[PDB]
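The following structure: fosmidomycin with 1-deoxy-D-xylulose 5-phosphate reductoisomerase.
Residue numbering restarts at 1 for every chain, and letters A, B, ... go by the order of the sequence lines. So how was this one determined? The header says X-ray crystallography, 1.9 Å. Computed over heavy atoms, backbone and side chain alike; hydrogens, waters and symmetry mates excluded. For ligands, and for the atoms within them, numbers begin at 1 and follow the listed sequence.
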There are 2 protein chains.
Amino acid sequence: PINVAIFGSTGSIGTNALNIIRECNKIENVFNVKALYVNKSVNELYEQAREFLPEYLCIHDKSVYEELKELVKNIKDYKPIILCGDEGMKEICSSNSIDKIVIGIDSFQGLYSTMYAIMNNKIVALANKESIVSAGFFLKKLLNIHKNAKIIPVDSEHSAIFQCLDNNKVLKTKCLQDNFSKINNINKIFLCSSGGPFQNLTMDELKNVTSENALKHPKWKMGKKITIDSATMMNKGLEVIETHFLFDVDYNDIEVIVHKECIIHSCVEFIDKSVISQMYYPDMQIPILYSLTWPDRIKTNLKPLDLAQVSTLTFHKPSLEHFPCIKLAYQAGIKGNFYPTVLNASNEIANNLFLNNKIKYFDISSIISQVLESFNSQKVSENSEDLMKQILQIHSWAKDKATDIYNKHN
Amino acid sequence: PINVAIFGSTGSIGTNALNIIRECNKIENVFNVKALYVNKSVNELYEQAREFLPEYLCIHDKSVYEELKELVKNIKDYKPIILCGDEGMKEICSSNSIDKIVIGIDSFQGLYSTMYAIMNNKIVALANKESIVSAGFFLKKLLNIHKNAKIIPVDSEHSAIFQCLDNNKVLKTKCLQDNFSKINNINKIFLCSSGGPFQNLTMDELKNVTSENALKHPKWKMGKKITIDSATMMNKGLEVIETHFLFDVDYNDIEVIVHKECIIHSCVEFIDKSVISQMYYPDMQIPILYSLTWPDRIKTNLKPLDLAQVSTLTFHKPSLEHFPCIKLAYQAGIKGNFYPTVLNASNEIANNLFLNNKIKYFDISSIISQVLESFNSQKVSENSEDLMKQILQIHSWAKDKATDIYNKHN
Ligand SMILES: NC(=O)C1=CN([C@@H]2O[C@H](COP(=O)(O)OP(=O)(O)OC[C@H]3O[C@@H](n4cnc5c(N)ncnc54)[C@H](OP(=O)(O)O)[C@@H]3O)[C@@H](O)[C@H]2O)C=CC1
Ligand SMILES: NC(=O)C1=CN([C@@H]2O[C@H](COP(=O)(O)OP(=O)(O)OC[C@H]3O[C@@H](n4cnc5c(N)ncnc54)[C@H](OP(=O)(O)O)[C@@H]3O)[C@@H](O)[C@H]2O)C=CC1
Ligand SMILES: O=CN(O)CCCP(=O)(O)O
Ligand SMILES: O=CN(O)CCCP(=O)(O)O
Ligand SMILES: [Ca+2]
Ligand SMILES: [Ca+2]
Ligand SMILES: [Mg+2]
Ligand SMILES: [Mg+2]
């Protein structure tokens, strides 16, 4: 039985993880949910605690710790270890009774739990792409220290790539490891995207888009941050850099394709030019389940893909004029150093400004571009404690710079 | 280096095999063409002999054997072993210098070289689907005796399936073995078909189609027999039975899907419901190459798949009323025993009759249907020699029965 912790259990990823775990457990007891960790959602965490009865409960926001302990007392035949903040998160990661950890915490904040899970040689089912984008080089370093840890990608495109690969070769390397793509005979990656809600808008129409309309994603139901990112295709931009770090694929070998039906989740071209792709309905349960079962697969009762009913699959190039965020991500990635950290941080600020109706669509990339331009390359610290400190400092600088740029205009 | 023999070297597969061997060798020298074997095409065998200079040459037709020896003398500094008929084939198969054999001989005839390559524990790169259809359970028995022999599928759809699997699971088993699909966690196969040239025709129009028009395949350039099979979709019916044998997939788990673009070559649904597909332009060089490099891949200079340019991929259910050969194949496969032998034999006759303008489109399925109904279940011989004799007897019986039915109607 696979012992799992779910970090960000009450969010979009975390709810889907519990969904597929529940359905798989119907027949055979395959997963034991040992731990659940949220920020503030006490009532929803208690409802999940009632169903899954995990050994550990943890809430990041200490102000709702008492509320949680109180609700939980109403559950019969149950004495969980109820924990708090970073200290709680670190205690969960250090537990011998947890094998795999799903990271469904959003934004840069997800990096902390990712780091600690790795330091405790856990299997990390990583949905949080921001951590790879802001700290890819650091994570590679960390994984070469903690040799029994692994990152297994949960992001659907990266799970798709992972699945298309031959496990006979995947097993001889590790995500983030040097030469991953060489060992796997990868020539290039087609990173598939729904294209978001604004794919058919003209330049003049785009100028005027609002966050209410950005939140109406045509294919995926997700948290607010990634949903806004999908509308600007900054999501895809972050995923380009994520592809580079996870799979050691050169930036010139990663191609973004708009596939509006979202059935094909990504494709791998091998050195012989044969292409392999993974397909399913747009549904995070598959990539989540795969991260927890890899290198095996288990039976589900999910709806089978009906190719005949789907009928048509379409593909086109994205316009970099209409979606300049993609261009900025490639540029930041190609530059290397801490440019991805600065990209991620400034986007977190610009994404949230747009969400809250403070700026326009094209201001998002304008703010990001300006922060990237302002940043000066830094010497990369050789030890991991120093490097994490350096990452946090640059991430914090970039966020303040973005806000400063916003403050100067509006 | 990889030591390869090409059986049926002057046909469509054989030429494509030499083509990709030649072009890959230009990048890096990995293939040594050790033997070529044809039926009657003395002059083109001679011409190939000059370019590749194989150690062995064989021609099945004894009446052009001396003519071949005459022609080959013209090649300076070249002393090959020149052979003929069944004897020469067996000598090539038994040679310790040959590792892999591409079987590109057409029809039931392909069985003889397939079975002897297996008997000699070779890697059999098998394109000839007729051998599997008529002798599937016998080849199964033979591969259980000769444990180092392997069939690696070359048929594009079956190569596609094979490319989608994880080789750490494949290497625990092999093609044409019981439990292959269970070991690989395969739930279901989507077998893709171009649909052939008659996909948009009414029942009334189909009654009057000719072989001249049937030979104008929209997507694949092939030999005459398979091309006619593609027009009636009997090719796909044979491929259903081929899938069942190679991968041990139940007939109720094989779906035929019409995919006119012929970019997706087939898809594998795993037990978690994830689907993996292999994709390329309709070009037999990829499946041929993979059969010779498995479990690795090598660099090629083939044109890369451009999904944006392709733009649209379509999928729909085939019409069974318009393509009754599909139904017949399913029925024969489900019956098991020697019904697939009978299906294959009667089709070889009916296919040839239609090719030479002797019968109409729906007479093909009528003849096969009538031969299948004529046949009665026969006890399966225990020893392999008697089972092989039995397959020959039945095959020969079914050809004669199909000819008799034609002769009474004419
Ligand atoms: N949703 C999706 O389909 C996909 C998501 N992703 C990635 O997965 C990650 C999560 O996304 P998504 O599920 O959409 O986001 P949500 O906003 O829906 O969920 C975020 C979760 O993280 C929790 N959380 C936030 N801060 C902390 C913290 N400090 N400590 C513990 N828990 C915390 C939240 O708890 P609380 O409820 O208490 O606020 C919530 O449970 C993102 O990084 C995203 O990029 C990637 C691909 C697809
Ligand atoms: N063509 C294709 O793209 C595909 C083909 N297939 C399968 O591959 C097989 C070959 O098809 P294809 O290449 O189109 O057929 P072709 O008719 O083009 O070629 C047949 C080849 O087999 C040779 N041959 C026939 N009998 C003998 C024999 N007694 N001994 C030695 N050689 C013999 C012929 O020799 P000769 O030239 O002297 O007559 C010829 O070279 C078929 O079984 C088909 O089902 C499967 C998938 C795709
Ligand atoms: O993996 C899932 N996502 O990242 C959401 C995909 C949305 P997009 O293709 O529109 O970015
Ligand atoms: O593998 C290649 N073929 O079998 C030829 C495919 C022809 P079809 O898709 O029309 O059956
Ligand atoms: Ca795989
Ligand atoms: Ca500067
Ligand atoms: Mg994604
Ligand atoms: Mg085929």
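- In this structure, the ligands or chains belonging to fosmidomycin are ligands 3 and 4.
- Other chains whose heavy atoms approach fosmidomycin (ligand 3) within less than 4.0 Å: A.
- Using a 4.0 Å heavy-atom cut-off, the binding site of fosmidomycin (ligand 3) is formed by A:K129, A:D155, A:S156, A:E157, A:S193, A:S194, A:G195, A:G196, A:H217, A:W220, A:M222, A:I226, A:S230, A:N235, A:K236, A:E239.
- Nearest protein neighbour of atom 4 (O) of fosmidomycin (ligand 3), counting heavy atoms only, is A:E239 OE2, 2.8 Å.
- In this structure, atom 2 (C) of fosmidomycin (ligand 3) lies nearest to the protein heavy atom A:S156 OG, 3.4 Å.
- For fosmidomycin (ligand 3), the atoms lying closer than 4.0 Å to a non-hydrogen atom of A:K129 are 4 (O).
- Residue A:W220 places no N or O, backbone or side chain, under 3.5 Å from any N or O of fosmidomycin (ligand 3).
- Looking at UniProt's NADP(+) binders in chain A, a heavy atom closer than 4.0 Å to fosmidomycin (ligand 3) shows up in none of them.
- Among the UniProt-annotated 1-deoxy-D-xylulose 5-phosphate-binding residues of chain A, those with a heavy atom closer than 4.0 Å to fosmidomycin (ligand 3) are the following: A:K129, A:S156, A:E157, A:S194, A:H217, A:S230, A:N235, A:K236, A:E239.
- Taking atom 3 (N) of fosmidomycin (ligand 3) as the reference point, the nearest protein heavy-atom neighbour is A:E157 OE2, 3.8 Å.
- Looking only at protein heavy atoms, the nearest one to atom 11 (O) of fosmidomycin (ligand 3) is A:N235 ND2, 2.8 Å.
- In summary, the atoms of fosmidomycin (ligand 3) found under 4.0 Å from a heavy atom of A:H217, numbered by their order in the structure, are 7 (C), 10 (O).
- Contact atoms of fosmidomycin (ligand 3) toward A:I226: 4 (O) (distance under 4.0 Å to a heavy atom of the residue).
- Using a 4.0 Å cut-off to heavy atoms of A:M222, the atoms of fosmidomycin (ligand 3) that qualify are 5 (C).
- Remark: fosmidomycin (ligand 3) atoms within the under-4.0 Å shell around heavy atoms of A:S193 are 8 (P), 9 (O), 10 (O), 11 (O).
- When only non-hydrogen protein atoms are considered, atom 10 (O) of fosmidomycin (ligand 3) lies nearest to A:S194 OG, 2.6 Å.
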